[PDB]
2 protein chains.
Amino acid sequence: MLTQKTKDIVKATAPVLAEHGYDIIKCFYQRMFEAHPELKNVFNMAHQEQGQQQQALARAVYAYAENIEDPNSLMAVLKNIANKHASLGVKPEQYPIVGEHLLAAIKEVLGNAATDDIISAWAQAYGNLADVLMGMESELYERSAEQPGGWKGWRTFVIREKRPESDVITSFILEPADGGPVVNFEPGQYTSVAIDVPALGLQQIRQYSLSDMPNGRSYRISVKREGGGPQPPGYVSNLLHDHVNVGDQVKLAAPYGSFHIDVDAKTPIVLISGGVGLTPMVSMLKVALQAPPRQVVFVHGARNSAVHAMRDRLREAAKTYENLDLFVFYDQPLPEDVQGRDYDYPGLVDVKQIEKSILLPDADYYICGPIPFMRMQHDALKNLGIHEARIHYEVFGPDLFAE
Amino acid sequence: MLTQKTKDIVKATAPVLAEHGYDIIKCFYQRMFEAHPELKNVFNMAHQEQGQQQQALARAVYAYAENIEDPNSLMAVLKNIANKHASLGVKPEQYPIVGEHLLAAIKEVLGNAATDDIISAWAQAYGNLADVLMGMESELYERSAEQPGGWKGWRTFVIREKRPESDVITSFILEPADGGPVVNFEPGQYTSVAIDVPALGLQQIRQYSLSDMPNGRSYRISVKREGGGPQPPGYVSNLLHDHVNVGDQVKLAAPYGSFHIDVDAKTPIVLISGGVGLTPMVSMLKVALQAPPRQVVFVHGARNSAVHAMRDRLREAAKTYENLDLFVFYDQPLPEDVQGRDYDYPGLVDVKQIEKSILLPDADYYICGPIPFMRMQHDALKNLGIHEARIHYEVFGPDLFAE
Ligand SMILES: Cc1cc2nc3c(=O)[nH]c(=O)nc-3n(C[C@H](O)[C@H](O)[C@H](O)COP(=O)(O)OP(=O)(O)OC[C@H]3O[C@@H](n4cnc5c(N)ncnc54)[C@H](O)[C@@H]3O)c2cc1C
Ligand SMILES: Cc1cc2nc3c(=O)[nH]c(=O)nc-3n(C[C@H](O)[C@H](O)[C@H](O)COP(=O)(O)OP(=O)(O)OC[C@H]3O[C@@H](n4cnc5c(N)ncnc54)[C@H](O)[C@@H]3O)c2cc1C
Ligand code: HEM
Ligand code: HEM
Ligand SMILES: CC(=O)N1CCN(c2ccc(OC[C@@H]3CO[C@@](Cn4ccnc4)(c4ccc(Cl)cc4Cl)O3)cc2)CC1
Ligand SMILES: CC(=O)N1CCN(c2ccc(OC[C@@H]3CO[C@@](Cn4ccnc4)(c4ccc(Cl)cc4Cl)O3)cc2)CC1
């Protein structure tokens, strides 16, 4: 447990770590992978190139520092991390590994300025956080293992169906190879797919929102095929699209995540999604429409009808349920897309154009999409007078990028 | 923080670690020193061929496991370890190093039996303990640094005086090379000498009780020359006797230890020492005899007059102070030692032979000597009806050997 002086050295040196974040990260991964190459099967090797983990580092240290005196704030962010670590299968025996190489990297990068006081302060911070996280993770693993259909580690699933939703999104319906039950989850949570990537010669692991309601038998994910454009195609999404077919197997983690509706709440929900960001929203939509009403406004932004996932099922739902309001925004509508017919508004989701429809008293707001889209929606909701406690979000990259 | 299920795996598998302690200890040091040979400057390299560490490991894992549900019992022993680690200069950044190699060793020795559940439980135990220890050690370093004449790390001292006390015990009076004040200590506390051992080509560190009262200028240690007999001579004790002379320099730690008198207490103290175990007792004697009386019974066992340290000063004190009773037992008296004249009783310290003299109401008892001697005295004091809360001891090896 940290003394005041130790917290103060952390506060004082957080900017020093942040502005050297690039070199510390590079040195950290080089050291750590030289000593433990097997860990490349757990880390993302695509992010291993790009900015950008350096952005997240800077944000972590700065958020750690500004919150080191506020254990409640600290516990909440740690929960997001523990959930993500549990999904990846992070093990207690890995904390000393990561800790040594992280400290060796800080030491190397800071050179002469890596004084005993600084290294010692951060080494203590590291051990404090590690203890909190290992215990959270352990609790998460045990709760999953003990529930009906629950497990620890990887469980083999088989693809039962694979249904294209648009030119870029495809849904995979997944049942366990063993034919047994599958643990429940809160709508909004995710699984992780761990699969071998022959281009890399390594396993990679990626999270996917559980895009259907819980049913005890199967899970559904909806995977957007990534990239080409100007930048490299993504490893796992293309691999799932092109090489994982009906009857093939993948390994899945038990559901985790702290982004989810409270299923027991009477109160309204507003679901604001950009592109593939709709995936947790659909799960939330389908559970909420179990009356208990509850009142759902589904707000979705997509480029056009060619990329809009689950177009038909969503409008059919809005014709059938009183408590659902559907608003679709097309940013670049196709010649055959017509406003007021195939979608409601042109351009990006704009909350002012549906203000009365979304300002439901007692409402919780959920937001998922690219980070610029998320910050835009976040700011707009604040401008209406909605309290931050009522705004929730899940990132399709690192959860610390728009904090 | 540990879940019930994690503590349960610890409780169930302690015996497995204890049974394999020998191999785990051998593998742990091999791995650790291969990766960080510099740590050989901090560990004792007379573990050359020593099971002393396997004994202590087996006791630690069993004591830890049996107490894991009682945090108060756990905190108290962790204080003894924190004080010893602080004396050694153990650094927060070394916790991930020890943790990794310890876990790697547990994994290699247990082989097939190192299941995920077991490795995970002990890894969490390791991190939980590491956090508590680092925080205690940091608090200890800061308190020392902030006090008049205190410091962190090594401070250079010069031997001002070197006085033989018997054929085997020599005192060293030490003042700081910088000429500044030295920090106060509680009587019974120790320093650590760190010194280069050329036979080893390494620094070695040994604790020595501070054998005089605090005075703001100097420290005194009294060092028994170890070995020859049948076993190898001790490195540091022979080195100090033969090559550290007046004017030479050694490095010392600030005082630590949880074995000491309460200087502010009115109540009586009984001081039971075997051989070199008298050294903290003398400090405690000299402070207590500052009236505030307090009432001191100094009970000492030594083989004979040739080996009895500080013989003349102790009897002279007993002639001068009303509130001091002196009892000397010689186990193997020399022809020229006469009972009733040069010592009070033949044989080992036996408390029944001075029962009325030691059964002072409200008394605290302090015991220091070889472990068999300490258990003997401990048991005897219990048989008189003294509460365990009133019996204190400090070990000249590992503090967990007679718990
Ligand atoms: C909680 C959570 C839930 C998620 N839910 C979903 C979901 O429901 N549906 C879904 O499709 N995704 C979801 N994701 C995203 C998903 O996990 C993967 O990130 C996504 O499928 C891309 O994985 P990949 O292996 O295909 O791409 P990677 O190979 O890992 O590449 C990552 C991205 O970086 C780009 N890139 C790669 N290399 C470079 C480079 N050198 N320079 C610049 N750019 C580069 C790629 O084009 C790609 O867009 C979720 C993520 C999280 C954290
Ligand atoms: C809290 C504390 C306070 C202490 N206070 C004092 C004090 O006031 N005065 C004092 O003199 N000592 C004190 N000690 C003991 C002291 O710390 C040293 O342990 C002592 O001087 C021996 O160190 P050494 O380097 O000479 O022996 P080491 O070289 O460390 O060897 C340790 C012992 O093992 C034996 N040994 C070495 N090799 C072998 C072998 N391979 N096989 C079998 N046996 C072997 C040696 O003969 C020696 O006695 C204290 C210890 C503690 C923990
Ligand atoms: C106290 C120590 C640790 C801290 C503070 C920490 C913190 C973080 C943070 C802030 C994130 C980003 C969270 C997100 O995705 O939303 C993260 C992700 C991640 N962590 Fe840790 N962590 C620690 C230890 C570990 C350990 C021991 C491992 C085991 C290998 C680990 C492996 C990972 C991986 C694989 C990711 C996802 C990043 C990626 O996609 O490559 N972390 N952790
Ligand atoms: C959770 C982690 C740790 C635990 C539970 C632990 C526990 C202990 C215990 C029980 C002892 C015996 C104390 C004695 O001498 O009587 C000890 C001693 C010691 N520890 Fe640790 N310790 C830990 C970490 C560390 C670290 C990180 C270092 C850094 C080098 C370290 C270095 C030492 C040294 C040098 C000794 C003295 C033993 C010797 O003389 O060789 N320990 N520790
Ligand atoms: C928007 C987008 O497309 N985005 C996708 C996700 N992309 C990303 C991937 C991983 C990531 O990770 C977070 C940071 C980065 O570095 C570590 C790695 N780490 C360490 C322990 N557990 C994880 C770290 C953590 C704490 C400490 Cl103190 C030190 C370190 Cl070096 O976390 C950060 C970002 C970045 C790009
Ligand atoms: C006189 C002599 O010749 N002798 C005197 C006694 N001297 C001694 C040295 C070490 C010792 O050890 C106690 C325990 C047992 O072994 C470790 C080593 N260790 C680890 C961290 N700090 C020390 C240990 C501790 C905690 C954990 Cl979780 C794991 C491990 Cl393996 O200490 C006990 C005694 C060795 C030399």
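Lettering of chains follows the sequences in order, A, B, ..., and the numbering in each one begins at 1. Both ligands and their constituent atoms are indexed starting at 1 by order of listing. Only this structure's heavy atoms are used, side chains among them; waters, hydrogens and symmetry mates stay out. Per the header of the entry, the method used was X-ray crystallography, 2.3 Å.
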Trainee: Not sure I'm reading this right - what drug is at ligand 6?
Mentor: ketoconazole
Trainee: Which chain is the chief contact partner of ketoconazole (ligand 6) here, given by its name in UniProt?
Mentor: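 Main partner, per contacts: Flavohemoprotein.
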Trainee: Tell me the other chains with a heavy atom below 4.0 Å from any atom of ketoconazole (ligand 6).
Mentor: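 By heavy-atom distance, the answer is B.
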Trainee: Got the closest protein heavy atom to atom 30 (C) of ketoconazole (ligand 6), with its distance?
Mentor: B:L57 CD1, 4.3 Å
Trainee: Using heavy-atom distances, let me know which of B:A60, B:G51, B:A56 sits nearest atom 33 (C) of ketoconazole (ligand 6).
Mentor: B:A56
Trainee: Below a 4.0 angstrom heavy-atom separation, can you tell me which part of B:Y29, side chain or backbone, both or neither, approaches ketoconazole (ligand 6)?
Mentor: side chain
Trainee: Write out the residue and atom name of the closest protein heavy atom to atom 16 (O) of ketoconazole (ligand 6), then the distance separating them to 0.1 Å.
Mentor: B:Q53 NE2, 3.9 Å
Trainee: Got the closest protein heavy atom to atom 22 (N) of ketoconazole (ligand 6), with its distance?
Mentor: B:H85 NE2, 4.1 Å
Trainee: Which residues of chain B carry a UniProt heme b-binding annotation and have a heavy atom under 4.0 Å from ketoconazole (ligand 6)?
Mentor: none
Trainee: Which FAD-binding residues annotated in UniProt for chain B have heavy atoms under 4.0 Å from ketoconazole (ligand 6)?
Mentor: B:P398
Trainee: Determine, using UniProt annotations, which domain of chain B has most residues touching ketoconazole (ligand 6).
Mentor: Globin
Trainee: What I want to know is whether B:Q50 and ketoconazole (ligand 6) share at least one N or O pair that is separated by under 3.5 angstrom.
Mentor: yes
Trainee: Help me out - nearest UniProt active-site residue of chain B to ketoconazole (ligand 6), and the heavy-atom distance to 1 Å?
Mentor: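 Per UniProt, closest by heavy-atom distance: B:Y95, 7 Å.
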Trainee: Out of B:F396, B:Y235, B:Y126, B:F28, indicate the one that has the non-hydrogen atom closest to atom 20 (C) of ketoconazole (ligand 6).
Mentor: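 Considering heavy atoms of B:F396, B:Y235, B:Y126, B:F28, the nearest to atom 20 (C) of ketoconazole (ligand 6) sits in B:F28.
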Trainee: Which residues, given by chain and number, touch ketoconazole (ligand 6) within 4.0 Å on a heavy-atom basis?
Mentor: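 Using heavy atoms under 4.0 Å, it comprises B:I25, B:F28, B:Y29, B:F43, B:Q50, B:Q53, B:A56, B:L57, B:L102, B:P398.
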